[PDB]
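In this PDB entry you will find ketorolac.
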Amino acid sequence: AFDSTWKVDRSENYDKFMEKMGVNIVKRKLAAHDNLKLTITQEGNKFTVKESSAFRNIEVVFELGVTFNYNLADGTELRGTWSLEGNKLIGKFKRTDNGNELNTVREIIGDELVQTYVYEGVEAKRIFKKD
Ligand SMILES: O=C(c1ccccc1)c1ccc2n1CC[C@H]2C(=O)O
């Protein structure tokens, strides 16, 4: 049951990614965790991501077996991949600065989701909740 409206509750080391990856604050303001909306619209071998925020907006399509894209000179650029194994999804990114590796594993911890991301020395976790 991935396809649905997802609203992040709490986060851990999220700021960590903002520094090591150099993620802007203006965009991170609501994307940090407090006011971040992560939408899931699984479509075939690709999942649509609709992000909702106060004034800012974000979105990124996903495809099992394809690279991630988040190039933003205004904030940061991260390119990786995304794949799902059974009931678990493992996304990834890579910084253009020096091709830094970034890993993310989202598991279904019952009625909630426990996210764990890592990026060269920077590992950030994130507990999820639904609207
Ligand atoms: O959606 C983003 C984003 C990243 C860079 C620029 C613009 C948006 C995001 C925030 C936080 C995170 N992402 C991607 C997965 C997770 C992480 O990095 O670990």
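Chain A is numbered as in the PDB entry, which gives 1-131 for the residues shown. Header lists the method as solution NMR. No hydrogens, no waters, no symmetry mates; every other heavy atom, side chains included, goes into these values. We count ligands from 1, going down the list as the structure has it; atoms in each ligand are counted the same way.
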Name in the PDB entry of main chain bound to ketorolac = Fatty acid-binding protein, intestinal
Contacts of ketorolac at 4.0 Å, non-hydrogen | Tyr14, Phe17, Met21, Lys27, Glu51, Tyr70, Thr76, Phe93, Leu102, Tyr117, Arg126
Name the UniProt tetradecanoate-binding residues of chain A with any heavy atom within 4.0 Å of ketorolac.
-> none
